[PDB]
Amino acid sequence: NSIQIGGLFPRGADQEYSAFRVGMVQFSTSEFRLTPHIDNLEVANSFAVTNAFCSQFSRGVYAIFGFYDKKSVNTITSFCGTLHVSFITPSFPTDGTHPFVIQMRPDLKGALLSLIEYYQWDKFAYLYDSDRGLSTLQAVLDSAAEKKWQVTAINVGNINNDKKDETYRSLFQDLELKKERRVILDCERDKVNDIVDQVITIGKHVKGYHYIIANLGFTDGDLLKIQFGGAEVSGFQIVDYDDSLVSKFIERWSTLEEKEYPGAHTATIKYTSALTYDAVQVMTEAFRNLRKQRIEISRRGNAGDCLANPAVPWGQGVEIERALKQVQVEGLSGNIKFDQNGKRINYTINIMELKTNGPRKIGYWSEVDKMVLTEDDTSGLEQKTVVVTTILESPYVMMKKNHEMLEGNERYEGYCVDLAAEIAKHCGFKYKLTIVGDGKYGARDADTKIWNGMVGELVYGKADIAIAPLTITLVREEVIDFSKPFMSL
Amino acid sequence: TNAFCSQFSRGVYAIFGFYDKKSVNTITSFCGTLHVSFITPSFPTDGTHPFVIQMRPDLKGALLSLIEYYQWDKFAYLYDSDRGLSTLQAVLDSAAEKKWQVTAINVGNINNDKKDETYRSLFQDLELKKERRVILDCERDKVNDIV
Amino acid sequence: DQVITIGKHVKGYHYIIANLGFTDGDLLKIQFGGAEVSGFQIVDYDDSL
Ligand SMILES: O=c1[nH]c2cc(C(F)(F)F)c(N3CCOCC3)cc2n(CP(=O)(O)O)c1=O
């Protein structure tokens, strides 16, 4: 038979409802159909969410897809926990252990705390919009004690649309006083586009500035505005476009016309829409495991009223929750596995970074491993260090008190060692001291015509410079270049 | 929700009652919609909400006056979430403006079987700066657990 | 548009716009940022005519 479900969509979730219907037609199978009843409402209103939940509950559904806000999350988790209806959601994962709520959004408290340590920040601003709990602000403040962080938290989300420019430009003038160059933008797309419009306008997208965008949606804003300028911006991505399942999806996603699928004719999908697409895979695969293991369930003749007295559970509901949490699919976001609370485990968050070419994956974060860097750090560039030849003469170069205990240039001291430090500082290179193997200065054999010593290590190619007591001679400057004498004798 | 609707269906003229951080949005949305004015001793709501008459005064202004009065600039702020997080934001907004170094620690996610253990882990991270000035933004029961 | 995009409308930079039409472009784009821009104007809007 077909399976009745419900949908709580916001008024403005055009792409999310478009990606919902795309996932409908792709994961449907002749055996059973997930016939929905879609309600549109505002999710910041707990009266509307109460009234729409009870319309879905009276009209016999088996699970409710939907979104919630800060205002409605406690209406949702209470109704679903009490009436044993399951709720599947792309919204923020709840702060708690709520039954009958399956969270499709992974978590980025752990990944964001790993990335601040990776850049070794210890003083930074944190701009937060309220907007979905306040739990990531609270997670960096609970860690700021034991990680030695000085965090400047600014509420950036009470701002209205007519004093927008005046509030933000006055905001970064305050941080300018404290020399804040490191900022985390814990906002969503529409708010993070407004902030990067203002950091460009007042010239804070230049070098010296670092930005971390604490979304799961790094390449969902307009990053081409801040891509040149010099500021380093970093972020997180759960939708890897360099995967086979995603690239096959973008193929059919980009060809859709924006009359039957608004917000679809493009090559990037928002992560909340990717999780809406993945949630149809999760529901369908779980209702397939419902009819597979012969657990066959009916709703009731009436479903009663949500505000019943007493409101009674229904024993089939525990099975449906347990079936929704055993799902082990692969979706646009990666591995979709839930724990017993309904929160995603075994997931991956790609740590991106904006370069002049574009956004560049510089690693990932897994729950079990940690932040894992990926293989691209081999191709940066390096300094091209300079090999410098010396010789053991006191006091020019002579080995220090502990030869073997020290490693590198620090094995050596003397006049020419202090001279090599001064030549390198003015020219601008990095050097690696090297005693000449033959332990000689350089002379030419009458038969073989081969230059020995530090001279032949410059004539033939072993070295680039010879800082030494090396006498400026006629027969030597025919084959090498001396400077003016640093010591007359 | 069920008990608001039992009194809306008995037809009352106003409702006296309490709310939590979990039920504040249920109350202010129903009373804002069905016009069933709510008189409450609970915490003042974070925003402008119609048909809610709030008998508890406020404390954000009196608390930021007292921090300035003692000339505090480095302190710990131990909070509990149950009255919202409005006063945490108020001392964090005023810390940016006035160069305070607040250590905000959520002390309300602590249960009865991990009290003596995590409280010693609490007061350990205070000794990393040797915090001597502590604000206890909890209610009566939790402030006795800390004292 | 390009000096904003690559961050050269910040302090330290000075620009002279050699038109007779200073307030005929979009100067509100570069007005904050810190760069000093200067120019010329033959049409004084603070005149009676
Ligand atoms: O370029 C040259 N620079 C040299 C520098 C020095 C030193 F003084 F140590 F710096 C000396 N020594 C002189 C005293 O006894 C120890 C070695 C020899 C050098 N020789 C070989 P020489 O001059 O033919 O004997 C060179 O060829």
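So that the names make sense, note that chain A is the first sequence line, chain B the second, and so on, each numbered from 1. What you see here is only part of the deposit, and the contact count is restricted to that part. How was it done? The header gives electron microscopy, 2.8 Å. Start at 1 and go down the list; that is how both ligands and their atoms are numbered. The figures that follow rest on heavy atoms only: side chains count, while hydrogens, waters and symmetry mates do not.
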Quiz item: What drug from the list d4T-TP, S-warfarin, ZK200775, FYX-051 is seen at ligand 1?
Solution: ZK200775
Self-check item: Largest contact partner of ZK200775 in terms of the PDB entry
Solution: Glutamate receptor 2, Voltage-dependent calcium channel gamma-5 subunit chimera
Quiz prompt | Other chains closer than 4.0 Å to ZK200775 by heavy atom | solution = A
Quiz item: Which residues lie close to ZK200775, i.e. with a heavy atom under 4.0 Å?
Solution: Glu393(A), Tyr396(A), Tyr441(A), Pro469(A), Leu470(A), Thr471(A), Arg476(A)
